[PDB]
> 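Before my questions: this is raloxifene bound to Estrogen receptor.
In what follows, every chain begins at residue 1, and chains take the letters A, B, ... in the order their sequences are listed. Both counts, for ligands and for their atoms, begin at 1 and track the order of listing.
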Amino acid sequence: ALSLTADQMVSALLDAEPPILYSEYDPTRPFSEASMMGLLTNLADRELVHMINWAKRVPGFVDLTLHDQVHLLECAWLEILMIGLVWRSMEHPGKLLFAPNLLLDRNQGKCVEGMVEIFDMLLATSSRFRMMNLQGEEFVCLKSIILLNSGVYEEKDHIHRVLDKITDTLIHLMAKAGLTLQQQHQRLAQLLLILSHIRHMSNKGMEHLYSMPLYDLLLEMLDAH
Amino acid sequence: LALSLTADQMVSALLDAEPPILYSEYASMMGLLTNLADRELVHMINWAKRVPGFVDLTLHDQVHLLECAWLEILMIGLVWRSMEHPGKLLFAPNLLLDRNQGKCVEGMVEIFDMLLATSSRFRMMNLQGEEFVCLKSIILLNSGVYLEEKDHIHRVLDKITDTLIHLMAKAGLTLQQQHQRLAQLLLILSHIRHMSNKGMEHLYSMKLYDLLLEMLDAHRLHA
Ligand SMILES: O=C(c1ccc(OCCN2CCCCC2)cc1)c1c(-c2ccc(O)cc2)sc2cc(O)ccc12
Ligand SMILES: O=C(c1ccc(OCCN2CCCCC2)cc1)c1c(-c2ccc(O)cc2)sc2cc(O)ccc12
């Protein structure tokens with residue numbers, strides 16, 4: 001785990017990338033609040049399966065005990081679906097690419113009980129990713145970080161060194177791209193601060209989701225794996 | 001102006017803006033914390049106005065920044081002042097609570113535990129006051145940041161990163177240790193946001209835009 005070079009880390013992660021799934025094939029439009037919720041729910045659930053496989057490929061992840069793994073996923077799943085959303089939405093200004101066959105815009109997002117707020121936040125995040133020209137290899141570094149860090153609250157120590165290893169890898173990608181040492185640290189901070197907002201959106205979303213078992217589910221899923 | 005400060009000028013500006021540590025004036029426990037929070041707010045606005053870049057913002061923007069960061073600000077200060085009081089939260093010098101005392105409020109334990117773990121992690125990394133003050137300003141500037149305006153703030157933020165690294169180098173960490181520590185501290189900003197988000201839920205379960213607007217307004221007519 002802590003034996004991978006910057007480059008080995010990066011390729012490992014890129015390989016672990018989950019596939020991009022599709023929305024239940026053309027149901028009916030315009031959707032309703034429940035119909036859209038249903039497409040979104042079906043999608044998320046199917047994506048949750050791949051997430052488990054990806055998690056299991058995240059350096060450090062499978063060194064933890066099954067129950068700690070469940071804890072990290074329990075807490076990060078929504079952040080992780082969201083960073084994937086934002087990233088695949090980058091080249092669709094004004095719209096979110098929940099799936100290739102389900103590209104919604106601000107107005108569609110209002111069909112559901114106050115997701116406008118989040119949708120907008122989400123919109124702004126890919127926008128900033130676009131603005132910063134976020135790169136694939138950095139994106140995968142940010143996801144792994146979200147996975148290890150949202151739930152981190154000799155094992156504690158282990159995760160902190162994997163986390164330090166991903167920072168190393170993020171700065172290594174920046175240097176190799178020619179950034180100045182000053183630009184390196186600035187970009188590193190611009191990225192980690194975006195995790196603050198990502199977290200923010202998942203807490204808002206979790207609230208919106210519950211206004212409208214996971215442990216056991218993930219345990220079952222993680223153990224089955 | 002803000003963008004022209006050196007790393008060391010930034011730090012002292014900041015150290016200078018520190019609010020005073022207030023005391024508990026003593027829904028009893030909830031009373032105590034509401035009174036404390038309320039009086040702290042008043043100084044927060046004041047310190048806000050001394051964060052480089054902050055006053056270059058429109059009044060609306062200033063209120064949006066505090067509207068979203070106030071609780072993260074209160075918490076990071078609680079955390080910091082709790083550091084050397086393992087097992088307890090030092091809400092005030094005359095109001096040091098423990099895990100169990102936090103239990104007397106429904107839902108407070110989980111946040112309380114979270115608050116405890118954050119000060120623990122601050123202890124663990126030997127967070128320095130200079131670094132602390134740096135992290136508070138980033139919180140103010142970042143939690144509500146979501147067009148030469150957007151850009152200003154982002155530059156102020158870059159300068160804070162610069163200052164953060166400066167203190168680290170100055171302290172003698174290696175280049176590698178610098179980005180590592182920088183990253184360790186900024187991931188703690190997600191947990192802080194997390195506690196704030198959870199804390200507002202809890203606050204509103206129990207039972208401000210203009211409040212700050214007036215406050216930010218009144219500050220220009222204050223002696
Ligand atoms: O709409 C969803 C969403 C819907 C249902 C979900 O979960 C339903 C239940 N499921 C139970 C087993 C554990 C996995 C979750 C999760 C996300 C998505 C998001 C969301 C956005 C705004 C908002 O206000 C609330 C949520 S973002 C997102 C990205 C995706 O790839 C998929 C769904 C989503
Ligand atoms: O208890 C408080 C607190 C209590 C009442 C508050 O609100 C007072 C209402 N007021 C209205 C106008 C805006 C300013 C707040 C805010 C914080 C504090 C915290 C808290 C912790 C756990 C939790 O679940 C909820 C809150 S943390 C904290 C730090 C302080 O310096 C002061 C109070 C606090």
> Using a heavy-atom cut-off of 4.0 Å (strictly under), which other chains touch raloxifene (ligand 2)?
B
> What residues contact raloxifene (ligand 2) if the heavy-atom distance limit is 4.0 Å?
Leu33(B), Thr34(B), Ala37(B), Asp38(B), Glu40(B), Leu41(B), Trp70(B), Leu74(B), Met75(B), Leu78(B), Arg81(B), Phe91(B), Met108(B), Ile111(B), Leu115(B), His202(B), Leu203(B), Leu208(B), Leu211(B)
> Considering only heavy atoms of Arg81(B), which atoms of raloxifene (ligand 2) have at least one such atom less than 4.0 Å away?
30 (C), 31 (O)
> Could you tell me, atom by atom, which parts of raloxifene (ligand 2) come under 4.0 Å of a heavy atom of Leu211(B)?
12 (C)
> Where does raloxifene (ligand 2) share space with the UniProt 17beta-estradiol-binding residues of chain B, that is, which have a heavy atom under 4.0 Å from it?
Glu40(B), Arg81(B), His202(B)
> Can you list the atoms of raloxifene (ligand 2) that are under 4.0 Å from a heavy atom of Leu115(B)?
21 (C)
> Decide whether an N or O pair under 3.5 Å exists between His202(B) and raloxifene (ligand 2).
yes
> Pairs of nitrogen or oxygen atoms closer than 3.5 Å, one from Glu40(B) and one from raloxifene (ligand 2): do any exist?
yes
> Numbering the atoms of raloxifene (ligand 2) from 1, which are under 4.0 Å from a heavy atom of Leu41(B)?
13 (C), 14 (C)
> Most of the contacts with raloxifene (ligand 2) on chain B come from which UniProt domain?
NR LBD
> Show the atoms of raloxifene (ligand 2) that are less than 4.0 angstrom away from any heavy atom in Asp38(B).
8 (C), 9 (C), 10 (N), 11 (C), 12 (C), 14 (C), 15 (C)
